[PDB]
Amino acid sequence: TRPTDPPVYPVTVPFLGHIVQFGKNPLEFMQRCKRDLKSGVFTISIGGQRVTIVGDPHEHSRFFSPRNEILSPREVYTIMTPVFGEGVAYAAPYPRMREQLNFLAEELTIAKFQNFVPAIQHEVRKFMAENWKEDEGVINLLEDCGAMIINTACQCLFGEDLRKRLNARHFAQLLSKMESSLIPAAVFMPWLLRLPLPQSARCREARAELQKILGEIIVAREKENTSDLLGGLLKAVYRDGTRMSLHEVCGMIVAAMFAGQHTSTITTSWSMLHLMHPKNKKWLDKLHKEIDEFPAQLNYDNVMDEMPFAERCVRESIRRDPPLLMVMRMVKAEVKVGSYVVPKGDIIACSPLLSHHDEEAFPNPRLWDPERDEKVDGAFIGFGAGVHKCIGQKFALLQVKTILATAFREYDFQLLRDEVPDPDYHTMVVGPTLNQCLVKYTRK
Amino acid sequence: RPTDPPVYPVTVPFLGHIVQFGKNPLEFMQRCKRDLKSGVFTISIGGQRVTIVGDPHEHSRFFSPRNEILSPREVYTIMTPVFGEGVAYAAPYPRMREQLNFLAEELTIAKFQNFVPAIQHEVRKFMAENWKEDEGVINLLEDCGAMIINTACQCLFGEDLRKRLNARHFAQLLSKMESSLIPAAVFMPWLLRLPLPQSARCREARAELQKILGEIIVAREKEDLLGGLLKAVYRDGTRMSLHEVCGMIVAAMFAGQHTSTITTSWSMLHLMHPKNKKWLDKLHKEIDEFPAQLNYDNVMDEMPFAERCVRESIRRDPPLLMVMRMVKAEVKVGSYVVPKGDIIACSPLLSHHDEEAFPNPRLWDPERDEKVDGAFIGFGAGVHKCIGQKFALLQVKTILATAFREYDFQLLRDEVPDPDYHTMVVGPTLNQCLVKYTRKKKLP
Ligand code: HEM
Ligand code: HEM
Ligand SMILES: OC(Cn1cncn1)(Cn1cncn1)c1ccc(F)cc1F
Ligand SMILES: OC(Cn1cncn1)(Cn1cncn1)c1ccc(F)cc1F
């Protein structure tokens, strides 16, 4: 304790200290901390590592503004090394990391988008046509949104040859094996990673199978690409004279697909679940009124400039239940957050989960109300902000919006459950409880 | 202190020797046996003393003592989310025994009568559907996996359970439970008090199975393994709960799935390697005696050579590396006494490589025999000896008889695969298992 420290939540069980409670309900646990300590800015213990939460939305900037030398991502992203590739992205020196991210940025922006809406529509219609064939049936909506999200992304981002060698299902399995390997505990207790774990070898094996497949597509392709993701990075030349290695190319592909697969899936699922719930009739009607204006074949302009209501729907689903609960950095140099200074060596967090539930910024936050707006500027941080803000944001909104436009024009849905699913907090990227996602479709 | 196995010296207290042991348990335990000039020694895994009874003349003093002296419960804690909380090792010891015995009395032995032809059918159906070409490239470890689930399901389940729970779906649930486990935790039990998404994947998989099994039982109550345990009445008046029935089904299939798969794969890999021509000929000479339809007697009393082949595969590379107990009361092992609170281990991997018991142990030689009585402990011994042993050998022998009568195989690699030690249950490195099949016959 220095006298310029956020209040600390009292710890019992030193070795843990709060990992079980936080682990069990992050929302409920961080709101008890904010309330009992009368402070938005506080410090918990996770396995003995101090974690300072910047849970006051008026203070959001002081987390998202500072450069890499003050608030550092590398150390928190160490867990992802076996996914992105060993010296890749956050694990490269910071200027090279930025080029790598920017090369990905410039493949989702924005002459590239031109063929995206119709490629998303085609995959959605093919999926509904093959899986929702009956007049009426029961589906698990989280599993099917998953299938659609991989199918649509693949079709937007890959040539037919890569898709003929790596089908969407096969891809989802590889991505899924990588994700289910990770142990979020270790972000806070990095010694856990010096332990032999079969999980990390499952995750390297998965990554290595992808690079192998990708390498075969590249040799094949170099015997007589244009718009597609792979062919872009193939042609990326760094500041210096040099080109990307296979390992890095695989890196940025993994990173883009890994990023969007679970988060957009969850978001599409949440959005539909709200929309189909009886109380939410008012909003389902508003959506049909936006979307029934449009033709069978949609375009860039339809989805982008002319669906502000669908967007509000997607944006509020992520507001109520952000899939990424916590944004984190390692405090390399002490920092003023409000009053208080966060000491060197702390993990500093800014939590979309917690900030999207501040009663000042989001009055009555458990209410899903798509016509609402943040009452504190910057409060919404679902896709981050500052130097690390999400670069799939635009792709993600357009994909989810396009699916909603296509699914609801064609089907009605009934939630088979009285209430909207609980969020299930046992997993790294957080979604609605899988158990509770049975829905009944009626073909219109 | 004076009556303690020599301790391998520890640097890095926190880990002990988890990394070395983690990376190559054979080489690491043989360096310990050689430099300390003692079969019986004590290593450190994350700070827990582990005493290895690595002298085969001393095997009995590990396997003989009853549950009050050498206790399994504490080492089986990791499997709680698989078998079911409170189930098997987690029940009091007498009830544990009834539960195991009920499982035992479902693989012994009027039950076996229909097993050989059900294994053959599934094997021929699999080859017919997957090895259809004149010749092709398969991954042998994956396909032995598919055969092992298909054959066991067809031996153990009624049509109705197989209709509702297909073999592939079963394999996924099993595989999801198994890839959750963190063997480190057997030695550092505090790791389990950590919220991990791994355990929740494992519980969810378990709970999907019970739910399906519960639907089969209600369906079935409106006029094989499942129906046995349904019929089981304990010593007292009472019957098994759904939770325990699920437990014993999960335990028997979890048990056989990865170990038999690994054994079938090893067996074939050796037999197909050019240097093992001598043995591949002997096998053909045993099996070419028999008709197209085999029976119990064919596989059981009349294939001593195939068995030697299976047994030597497990001898060179046992899938379960370490048999373990918690020392509740101090025990004499050779000279030395193993203190209360030590984990006492007996390692098939290490004892199957003692020069005395198994001269030149990295040689696969199916005609060899242990030169130290009891040395082979691939299926354990004493009160906890494997109860799928008989079923395992019959399954593998029946597959080998069926595969090799119909196909030849070429290892696509100069040498037999390395064992891959990154995984809980150990097999041949998946990478190195590409094999080329040549079909010897036609129809379908
Ligand atoms: C609703 C879906 C998504 C959500 C909620 C989301 C959320 C976020 C958040 C909160 C961050 C900040 C990470 C940090 O500050 O450490 C982020 C970063 C990132 N996202 Fe997403 N994201 C989504 C979709 C996508 C998609 C589809 C892509 C595919 C390109 C993507 C690629 C990335 C990348 C590369 C970063 C790091 C970029 C950088 O470090 O500058 N995301 N995302
Ligand atoms: C090649 C295949 C197999 C190998 C190498 C193997 C190995 C072993 C070993 C070493 C043990 C000793 C456990 C201990 O002392 O902790 C064991 C126990 C056991 N096995 Fe297997 N096993 C195999 C196949 C199977 C199969 C197919 C089943 C299916 C029912 C099965 C069911 C069991 C059960 C229930 C136990 C515990 C019984 C008790 O504690 O009394 N095993 N096995
Ligand atoms: O944030 C992730 C990594 N992550 C955090 N929790 C679990 N995985 C996911 N993500 C970000 N946007 C969408 N998904 C990510 C994946 C890729 C990446 F380049 C950065 C990055 F933070
Ligand atoms: O030993 C297993 C479970 N296990 C041990 N290490 C990793 N998983 C495997 N096993 C035993 N025979 C075949 N496989 C087991 C599974 C079921 C069981 F009842 C006991 C038991 F030890």
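The order of the sequence lines fixes the chain letters, beginning with A. By the numbers in the PDB entry, the shown part of chain A spans 27-250, 257-476. The residues of chain B that appear here are 28-250, 260-480 by the PDB entry count, in order. Worth knowing before you read on, the calculation uses all heavy atoms, side chains too, and leaves out hydrogens, waters and symmetry mates. If you're wondering, the header gives X-ray crystallography, 2.3 Å. Ligands are counted one by one from 1 in listed order, and the atoms in each one are counted from 1 as well.
By its PDB name, the drug at ligand 4 is fluconazole. Counting heavy-atom pairs under 4.5 Å, the chain with the most contacts to fluconazole (ligand 4) is listed in UniProt as Sterol 14-alpha demethylase. Counting only non-hydrogen atoms, chains lying under 4.0 Å from fluconazole (ligand 4): B. Here the heavy atom of the protein found nearest to atom 13 (C) of fluconazole (ligand 4) is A291(B) O, 3.1 Å. For atom 18 (C) of fluconazole (ligand 4), the nearest protein heavy atom (residue, atom name, distance) is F110(B) CZ, 3.6 Å. Of all the heavy atoms of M106(B), the ones lying under 4.0 Å from any atom of fluconazole (ligand 4) belong exclusively to the side chain.
With respect to atom 21 (C) of fluconazole (ligand 4), the closest heavy atom belonging to the protein is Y103(B) CE2, 3.7 Å. Considering only non-hydrogen protein atoms, atom 5 (C) of fluconazole (ligand 4) sits nearest to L356(B) CD2, 3.9 Å. Only the side chain of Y116(B) comes within 4.0 Å of fluconazole (ligand 4), judged by heavy-atom distances. For fluconazole (ligand 4), the residues with any heavy atom closer than 4.0 Å are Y103(B), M106(B), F110(B), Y116(B), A287(B), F290(B), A291(B), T295(B), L356(B), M460(B), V461(B).
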Tabulate distances under 3.5 Å between N/O atoms of fluconazole (ligand 4) and N/O atoms of the protein, writing both atom names on each line.
from: fluconazole (ligand 4); atom 1: 14 (N); to: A291(B); atom 2: O; distance (Å): 2.9

